[PDB]
Number of protein chains: 2
Amino acid sequence: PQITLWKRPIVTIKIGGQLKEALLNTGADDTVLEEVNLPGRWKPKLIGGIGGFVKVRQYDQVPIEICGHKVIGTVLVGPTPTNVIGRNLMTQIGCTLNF
Amino acid sequence: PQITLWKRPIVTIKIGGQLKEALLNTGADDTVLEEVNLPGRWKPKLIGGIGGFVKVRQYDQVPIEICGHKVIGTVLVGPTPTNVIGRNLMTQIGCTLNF
Ligand SMILES: CCC[C@@]1(CCc2ccccc2)CC(O)=C([C@H](CC)c2cccc(NS(=O)(=O)c3ccc(C(F)(F)F)cn3)c2)C(=O)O1
């Protein structure tokens, strides 16, 4: 689809058997979620944002279906305000900016 | 143009007679810059980010030319991991997401 930017570009995702909403964020290198329950090993990561730095769990090779498109990649889990889909996943669904 | 997301979507801007680079950020409601020297009155604002909250100066009706497109809108000035162009300005240049 084409999505305009008069409102937040929020989409429905399925991850780890759970349904969430998340923001398509071209400013984010990475994908950051909260309150998801991912299986298996992870490693600590620190990421920077507006407001400071955040400690997250880094989970690799995680299946996630984003607006009906199945992809796999790294998902960070930690205490973000809104769920964010970053460029690491947006490239996998073929998303571009256009003006 | 069309811009893919394999790298950060960075564009050149002119604001207040100075040249900067900034990140096209569909996750950001607002536009946040640093090191800009804007004229005249401003109001304090607090904004939330993934890592906490930031105190910024809010300047209204600021001319800014973003990749050669002249627009006007609110610009927030304060700390950020990088200069960010948010949806408030991206709608004015007719930017959309497409997948
Ligand atoms: C003004 C934008 C503020 C924003 C708003 C988040 C939000 C939205 C709705 C409701 C509440 C909160 C959006 C955003 O992209 C980030 C930053 C980048 C500016 C962000 C988002 C996601 C992850 C990261 N960390 S990172 O390691 O992937 C990373 C670090 C730095 C940058 C850089 F390009 F900005 F430098 C991009 N990515 C940062 C942020 O900190 O919060």
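Chain letters follow the order of the sequence lines: the first is A, the second B, and so on. The residue numbers of chain A are those assigned by the PDB entry, with the residues present covering 1-99 sequentially. What you see of chain B is 1-99, where the numbers are those given in the PDB entry. Basis for what follows: all heavy atoms, side chains included, without hydrogens, waters or symmetry-related copies. Quick check of the header: X-ray crystallography, 1.2 Å. One-based numbering, in listed order, for ligands and for the atoms of each.
Modeled at ligand 1 is a drug that PDB records call tipranavir.
Among all chains, the one with more heavy-atom contacts to tipranavir (ligand 1) than any other is, according to the PDB entry, HIV-1 protease. Other chains contributing a heavy atom less than 4.0 Å from an atom of tipranavir (ligand 1): A, B. Of all the listed residues (A:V54, B:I85, A:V32, A:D29), A:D29 holds the heavy atom that lies closest to atom 38 (N) of tipranavir (ligand 1). Contact annotation: B:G86 has no heavy atom less than 4.0 Å from any atom of tipranavir (ligand 1).
Distances from atom 31 (C) of tipranavir (ligand 1) to the heavy atoms of B:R8, B:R87, A:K45 put B:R8 nearest. With ligand atoms numbered from 1 in the order given, tipranavir (ligand 1) contributes 13 (C), 14 (C), 15 (O) to contacts under 4.0 Å with heavy atoms of A:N25. Neighbouring residues of tipranavir (ligand 1) under 4.0 Å (non-hydrogen atoms) are A:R8, A:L23, A:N25, A:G27, A:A28, A:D29, A:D30, A:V32, A:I47, A:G48, A:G49, A:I50, A:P81, A:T82, B:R8, B:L23, B:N25, B:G27, B:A28, B:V32, B:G49, B:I50, B:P81, B:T82.
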